[PDB]
Each structure stands twice: as C-alpha cells, then as structure tokens.
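Chain letters run A, B, ... following the sequence lines, proteins first, then strands; residues in each count from 1. As a convention, non-standard residues are reduced to their parent amino acid or to X, and atoms outside the parent are not considered in contacts.
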2 protein chains.
Amino acid sequence: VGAXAXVXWXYXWXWX
Amino acid sequence: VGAXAXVXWXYXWXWX
C-alpha cells in the first residue's frame, strides 16, 4: 500500500 | 512492494 507495486502509485492498482 | 507499507520502505518489512 503506497508506491512501487500493489495499491497506490506504479504497478498493480491505483495510479502510475 | 516498494514504499508506504508492505515489502520495502515505510511499514511492514524492509526499511523505513
């Protein structure tokens, strides 16, 4: 949860 | 995986 990959910024879900 | 919470920088495991 936050940044890199997962829920948040970069990869997976959220933004990027 | 990366930053915020999980595996990487901030919370959970890795650094912070």
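Of gramicidin D, capreomycin, viomycin, only one is at chain B: gramicidin D.
PDB entry name of chain B: gramicidin C.
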